Colleague: 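Here's what I've got: mezigdomide, bound to Protein cereblon.
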Amino acid sequence: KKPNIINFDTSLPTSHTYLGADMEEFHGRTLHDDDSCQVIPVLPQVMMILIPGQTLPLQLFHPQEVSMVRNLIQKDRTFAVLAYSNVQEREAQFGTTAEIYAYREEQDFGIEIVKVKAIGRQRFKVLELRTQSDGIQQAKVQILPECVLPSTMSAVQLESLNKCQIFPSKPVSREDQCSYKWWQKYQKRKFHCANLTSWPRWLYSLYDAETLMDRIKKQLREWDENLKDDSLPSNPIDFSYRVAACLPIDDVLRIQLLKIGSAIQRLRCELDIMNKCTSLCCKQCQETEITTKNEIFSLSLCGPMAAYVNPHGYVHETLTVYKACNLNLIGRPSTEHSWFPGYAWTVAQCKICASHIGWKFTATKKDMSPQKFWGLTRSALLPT
Amino acid sequence: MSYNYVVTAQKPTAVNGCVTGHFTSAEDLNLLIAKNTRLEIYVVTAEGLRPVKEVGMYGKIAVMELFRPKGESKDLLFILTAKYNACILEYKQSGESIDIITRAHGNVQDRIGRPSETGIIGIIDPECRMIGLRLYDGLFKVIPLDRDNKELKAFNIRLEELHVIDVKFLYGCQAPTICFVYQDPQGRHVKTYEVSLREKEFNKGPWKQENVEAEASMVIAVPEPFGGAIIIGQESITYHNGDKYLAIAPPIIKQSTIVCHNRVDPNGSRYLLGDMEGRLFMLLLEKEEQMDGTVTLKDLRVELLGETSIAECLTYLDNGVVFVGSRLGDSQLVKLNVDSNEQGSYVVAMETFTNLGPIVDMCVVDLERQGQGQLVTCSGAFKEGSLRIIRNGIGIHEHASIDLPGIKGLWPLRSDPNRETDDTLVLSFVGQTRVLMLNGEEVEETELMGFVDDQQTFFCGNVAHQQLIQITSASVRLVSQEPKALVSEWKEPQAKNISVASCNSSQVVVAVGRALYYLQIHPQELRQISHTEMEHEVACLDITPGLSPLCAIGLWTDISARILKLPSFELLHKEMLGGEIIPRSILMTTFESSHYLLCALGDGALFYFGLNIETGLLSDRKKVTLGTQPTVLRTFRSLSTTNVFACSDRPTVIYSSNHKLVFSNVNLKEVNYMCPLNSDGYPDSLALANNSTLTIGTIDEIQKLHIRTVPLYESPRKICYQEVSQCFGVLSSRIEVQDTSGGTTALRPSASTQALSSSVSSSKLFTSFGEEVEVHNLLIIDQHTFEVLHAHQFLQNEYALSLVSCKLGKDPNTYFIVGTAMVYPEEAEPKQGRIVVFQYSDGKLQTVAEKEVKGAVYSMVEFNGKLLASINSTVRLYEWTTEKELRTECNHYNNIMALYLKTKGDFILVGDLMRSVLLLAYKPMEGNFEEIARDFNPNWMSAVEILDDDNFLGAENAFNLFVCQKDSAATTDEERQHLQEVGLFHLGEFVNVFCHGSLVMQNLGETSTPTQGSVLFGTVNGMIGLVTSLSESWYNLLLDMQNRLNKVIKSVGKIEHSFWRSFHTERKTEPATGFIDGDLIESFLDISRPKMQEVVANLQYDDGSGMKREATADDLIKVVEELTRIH
Ligand SMILES: N#Cc1ccc(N2CCN(Cc3ccc(COc4cccc5c4CN([C@H]4CCC(=O)NC4=O)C5=O)cc3)CC2)c(F)c1
Ligand SMILES: [Zn+2]
């Protein structure tokens, strides 16, 4: 429980200086026409459900994938990441397209190892998984559309009380008696036309966009001390994607939130999960508590969970906890490729099964969080 | 594979905009009202509003204004549709053909754009140079107003302020100038722009940005010579003209915010305001400042006029008459009399225009006539909440009406030689007896020679031997008809006062006190026949033919019908039926081609009975609730055969087909006393004398729907009907302010605070001064008098959601099951609720049972003697144990909140607000639910209903209707588990509730009707619909005839029907499929004969062998009349 002093300058982890510094950057964005079928290459050796807006680092070594990256960059820069189900071996029906923005090629070790960073952009469905003899299979991809709905009172609204539907900004910021009182009048004035329908105002508040985001922000701030507008988007779509990325949930739930096509439904699902979720247990054991619900913080602007690459290319999603339980450390704290600029990782293992639950990030300087940082991964971590 | 047919049984009533101006002609003053898709044009006169036109447009009116460009004699009307169909219309009449021609028309939507949160704004330049539309965020769309712009081509000008609240054109500018209030992170600001048509871009405003109140809502443009604008907030009203500035903060307006306004003076000296809770304010501008001819403002005094209905649109008609247009109440027409001030109110109501919306819940019950439905809705909200009863009735058309000071009785009289034409009518006041002779349309009254001016007349008809008996309390006098002079006058044998006297063609029976006399009719002589005495007081008498074989008598106390020989006192029969009160009136007739005698008591109830033609008495016992007032039964020959009129608080017409006397509720508020009439002006008509006035007219077809109100002065949420108790259980809620004493005081006398017996829930299963808290009640209401018999008040902070009236298990009793939820402002999603089982008996509500559930009970249904409840996202089945305690049987956990539950057999249709329709089946052999089919599509659903075992009907966003069908014959599981969608329609209304039933007589008819089933839906605007099924052949024929009608019928605004009915949504639009527009098919009867022939040329009408390519024209008339008869 370390409050107040959280001095890390929590933006470096979302820059990945471990993965090379002089990283070549790419100008901007792209767009795929909605409800269209395209041909997208699939980069292999990746097994993770990449939520849109989530950064994915990558190290690629094999010649086929390097050449695939090469001809991708010279023709568009988008590939496909498939949301693999519980069954492996190409048992995927949905996925997301990752766009490159950061590139470097290294000739070291007599190899053409490529260090590349991407972020997901769109959401899609695979019709059939076509396989190409080169090794890089291309799928024919159908762009699953994004649904944004109007206000639930827009249909039943009165044409007079319409100029009374632009609220003054939230008073001050993140202050009591400035929220519980502001939100009451906000609900009272926004859903005044709920009297014409057959439902109470609070029911329509359960399907509101601002209200659901506010509840998620409140609970998240209860977990970690967020900086109000600490890169949390105002758009419900982007906020839903960020929260879905940062929730410590199992794979089936991520696939389920990936299936949802509307922001409001996604937010209701996320509240259901994070209100019904208390403990996170070791998947290989399903018997030992390494964590809890209140003990989750963020050194990254992307939240308590982020995607990182070890020097062997494997991708890990890491969760930060103050004081982990039932973990044993082995090895001296070393800092060759620590993903956090200033700490020294020590591998931790389950007290019974001895699985790579994560790392303990001990400090190096003295004006840091002192040896209290467990970056546990998801390979053995099931919500319970 | 749906093939449905949707029709409107009652047009929308809620007003969402009204204007006035010289529209029909430059001399007339017209009031134009848009209710939704309907535009009604009235003419303002001294007596009130005279309707001129009703035109139905192919869209929802979002904006209308009246403008007059140069070179025009009368105003044109610019109407914009909710689908962005702009049009400019012009009134044109030639004697009798009334036409609204379309001057211009065009869609003005944009290919890309999010519609504004504050909605569509439509404004017109006061000099009539341009039309400004704010449809989309950050874009002001401008339509130049030129004679050559007949397609309404428009251009977009960029607005840098994305959040624009209100914008209007200023008055008195050389070039068009707009002024608007917008939102910024720094606060709210007012700004002005100079729109330039040639440059097609804005310019610099005459007066720059000024900071305004943080809650500035409306801008009103003050006309010359003041100029400038007035911005009204929640606490202050400010006037801006650049250098000139005023601001006031009156405390009278702090209670509620102003939402509507309307200028009342052509020079803008006074303005009229209305607020959210419905009170009229009166802004006053003083022009006392005048330096060198310039007129400048000096004060902003605000005055409160009074309290009216909750208004959405105000309008000032001529001579201090204000039309208060309500949308969630009733429209009003009030007077701004400044001298009345009876207790401090400047307003008095003149008229009240009915408004059924918003219909929150509705039910079909057989209140009066078995087989024919009656609709009971839950209309209005806040203080206008009411119960409204909709009924089919035989409306009466009035020919000639002359007001009367509440006549107490009328009788036709003839003062001419016998020619089957009665040109006179003897009235009957309390003690006075006037006679008015009306050969044509005359209303002057002259006293008859044979009767005194004031004698308290009882019977005055046509006496025998060409005479006229004008009876009175003192004596029975008959005056010769042709000589117009008295020939005989027999005094009462007992020398007393005669109360009830009955006269027939040949025999007369007059009763005084407890003794009666029978007198024969003789030429110029009143020859007494006999006399008799009664055991008790003679309440009523009747001798129906001319010597009757029996007489009628009722007792004041015993209240038993006695029948005896006409020429003596020899009794023949008697019978006592209840006898709760004195029998108001008893009469016998042969309307059913058989001898029947009916009695009507003082409570309005009626007891039919049978009688023999020669001699003998039958029982034929039946109880009828005609009304809550005494019923003066009468017979009028100008009918099918005889019929019967039962005048009461709710008048009725009795008519028998073969042996079942059916009731036709006449479409009138009150009739009091009635009579036939055979005058030359109105032959074979009826003269009715209502409490306030009187009329003479005829009857019409059933093409009428009557709405009777029951105000509750609070919002009614849900309604159910209990037959065994003859009662209505209605949920309701009232707003109570939190006073500084720990309690909650009310705001006005509501139906919950004015009940006979009251209760407060007492269960133990588990702020700021000024906050409004909602208090929920279950009211038990009588079905006849509509008086609140009971009012149960629930716990604090408990919201009652649902209500069902049903019997469970083997228990003979019927109960009210109410599902509640404990909601607290701190928490968003309730954690605990309560299922409470009440039982109404002996005029007292007793809590039979309590169950505590963990969640909100959003809905409940009666699933084959087992209560089916939806606690949050879990559907649960309860069994009524023999110990009167609910027990859990089976659960089913969903990922959606089961807001909607509809059952048909063993098929639970489950919904949520996200249009995630799900189907469940309850397998009984194992006792658990199973999922059959699923249809998930992100969209807002308002309602859902099970049409039949395969098709499910629902309403969703952008006022649409849809029909989903499961293919149970599919050989693939993925299609079996999927609900294919087979019907789309743009209804144009927001439907809250679906219910099975029909408002017309349920006749099997052997051959039945092509329409199978009937589902009624209620909308926010107050429009009742009706959807039925059709066969494939009829669907194809009606579709072809619809497509051929679309090329003949010319719509106003030239909106294509295909576009108007196409399934619309903010993201995607599709054509309507599987739905037949009943309004269009029904409008086919109103077209002319050449258009009649143009529509039908190759329809291939016959389907029962052959095609008969001619198809005629009267075959489609027969088909369309058959479709007309279903509602
Ligand atoms: N074909 C082919 C091919 C060609 C070339 C290859 N090269 C081999 C040599 N590699 C250099 C090297 C190796 C070894 C280290 C030690 O670091 C390791 C080792 C193993 C796992 C992890 C770490 C660190 N670490 C976490 C701990 C938590 C934290 O904070 N951060 C982390 O990174 C791990 O999980 C450092 C540098 C470069 C690549 C190749 F591997 C394949
Ligand atoms: Zn373990």
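Sequence lines set the chain letters: A, B, ... in the order given, protein chains first and strands last, and positions in each chain run from 1. We count ligands from 1, going down the list as the structure has it; atoms in each ligand are counted the same way.
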Colleague: Hey, where's mezigdomide in this structure? All the copies, please.
Modeller: ligand 1
Colleague: Counting only non-hydrogen atoms strictly under 4.0 Å, which other chains reach mezigdomide?
Modeller: A
Colleague: UniProt (S)-thalidomide-binding residues in chain A with a heavy atom under 4.0 Å from mezigdomide?
Modeller: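 UniProt binders with a heavy atom in range: A:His337, A:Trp339, A:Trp345.
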Colleague: What organism is listed under source for chain A in the PDB header?
Modeller: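 Per the PDB, the source organism is Homo sapiens.
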Colleague: Which residues lie close to mezigdomide, i.e. with a heavy atom under 4.0 Å?
Modeller: A:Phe61, A:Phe109, A:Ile111, A:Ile113, A:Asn310, A:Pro311, A:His312, A:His337, A:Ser338, A:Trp339, A:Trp345, A:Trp359, A:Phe361
